[PDB]
Engineer: 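This PDB file has avibactam (bound form) in it.
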Amino acid sequence: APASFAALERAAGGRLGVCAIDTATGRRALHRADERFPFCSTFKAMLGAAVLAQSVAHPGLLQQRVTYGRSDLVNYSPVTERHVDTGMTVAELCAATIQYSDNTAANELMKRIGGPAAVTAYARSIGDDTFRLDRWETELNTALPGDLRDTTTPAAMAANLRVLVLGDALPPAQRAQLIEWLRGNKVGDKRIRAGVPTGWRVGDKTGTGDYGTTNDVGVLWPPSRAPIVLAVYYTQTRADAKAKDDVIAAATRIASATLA
Ligand SMILES: NC(=O)[C@@H]1CC[C@@H](NOS(=O)(=O)O)CN1C=O
């Protein structure tokens, strides 16, 4: 098996980006940590945080029912497609978008809170000047080489996760909620979760896009040691490239070994 990030990139082809932070010591494991990558679904973690942050000023926000129609449904909406008739609450849409990566849920939340610009504004509010959300689902996953729309860096996303999950960017109640949503990711078993020991607990958000883009970002809680924050981004040369779950699992093993 490839033993370094550089070696893994050469084996897999494409372009790999990693930022892993050992929160005990502040040591980092890095590869292209300051390069931009298309974030795809991983922004949904930021979207959830942005909604929770708005809920601090308006506690009733999470309660609000959002109704949407058949024509609002975009591809990959396994939860929202079941509730065209009732609609769903803001909190329900957050859980759906983070835990099942539901695309319509993301769009409907963004309509409520002020669109792509609102998520970008939220990123700036927590000290992320790098993140930019430009488009809606599913266009934001085009992942075109050379396009800066809908990108961030592994280092910027890892820093966001550190302050959101382990820091005080959110008040305790909202911080606890974000953690519950991330720990409940249902669609990431073959990625970060596949590259850590089963004793480690994971809260994460995956993403996948065109150009075989394969991403996963989150926080890892080892049983007897301080948490590690891990952001992994990966993208490939051909537009029809296949996503590579195993690249993320391998990057995770290397990061966890390095910070052992
Ligand atoms: N093209 C997309 O919108 C992809 C693919 C399917 C959904 N979930 O994928 S995941 O890698 O986030 O688990 C949503 N998504 C997020 O990147």
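Quick note: numbers on chain A are straight from the PDB entry, i.e. 30-238, 240-252, 254-291, in order. Counting starts at 1 for both ligands and their atoms, in listed order. Side-chain atoms are counted along with the backbone in the values below, which use heavy atoms only and exclude waters and symmetry mates. This entry, so its header tells us, was determined using X-ray crystallography, 1.6 Å.
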Engineer: Which components of the model belong to avibactam (bound form)?
Structural biologist: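 Look at ligand 1.
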Engineer: So, counting contacts under 4.5 Å, which chain has the most with avibactam (bound form)? Name it the way the PDB entry does.
Structural biologist: Beta-lactamase
Engineer: Define the binding site of avibactam (bound form) with a non-hydrogen cut-off of 4.0 Å.
Structural biologist: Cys69, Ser70, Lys73, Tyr105, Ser130, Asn132, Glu166, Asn170, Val216, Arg220, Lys234, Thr235, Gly236, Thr237
Engineer: What is the source organism the PDB records for chain A?
Structural biologist: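 By the entry, that would be Burkholderia multivorans ATCC 17616.
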Engineer: Which residue and atom name correspond to the protein heavy atom nearest atom 13 (O) of avibactam (bound form), and how close is it?
Structural biologist: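 Looking at atom 13 (O) of avibactam (bound form), the protein heavy atom closest to it is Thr235 OG1, 2.8 Å.
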Engineer: Could you tell me, atom by atom, which parts of avibactam (bound form) come under 4.0 Å of a heavy atom of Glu166?
Structural biologist: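 Checking each atom against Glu166, I get 3 (O).
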Engineer: Give the residue and atom name of whichever protein heavy atom lies nearest to atom 17 (O) of avibactam (bound form), and the separation in Å to one decimal.
Structural biologist: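 Heavy-atom neighbour on the protein nearest atom 17 (O) of avibactam (bound form): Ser70 OG, 2.2 Å.
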Engineer: In terms of residue, atom name and distance, what is the protein heavy atom nearest to atom 12 (O) of avibactam (bound form)?
Structural biologist: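 Going by distance alone, atom 12 (O) of avibactam (bound form) is nearest to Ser130 OG, 2.8 Å.
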Engineer: Using a 4.0 Å cutoff against the non-hydrogen atoms of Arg220, which atoms of avibactam (bound form) qualify?
Structural biologist: 11 (O)
Engineer: Which residue holds the protein heavy atom closest to atom 1 (N) of avibactam (bound form), what is that atom called, and what is the gap in Å?
Structural biologist: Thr237 O, 3.5 Å
Engineer: Do any N/O atoms on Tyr105 end up under 3.5 angstrom from N/O atoms on avibactam (bound form)?
Structural biologist: no
Engineer: Near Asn170, which atoms of avibactam (bound form) are under 4.0 Å from a heavy atom of that residue?
Structural biologist: 1 (N), 2 (C), 3 (O), 17 (O)
Engineer: Quick one: which avibactam (bound form) atoms are inside 4.0 Å of a heavy atom on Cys69?
Structural biologist: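 Avibactam (bound form) atoms under the 4.0 Å threshold to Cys69: 17 (O).
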Engineer: Between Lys234 and avibactam (bound form), does any nitrogen or oxygen pair lie at a separation below 3.5 Å?
Structural biologist: yes
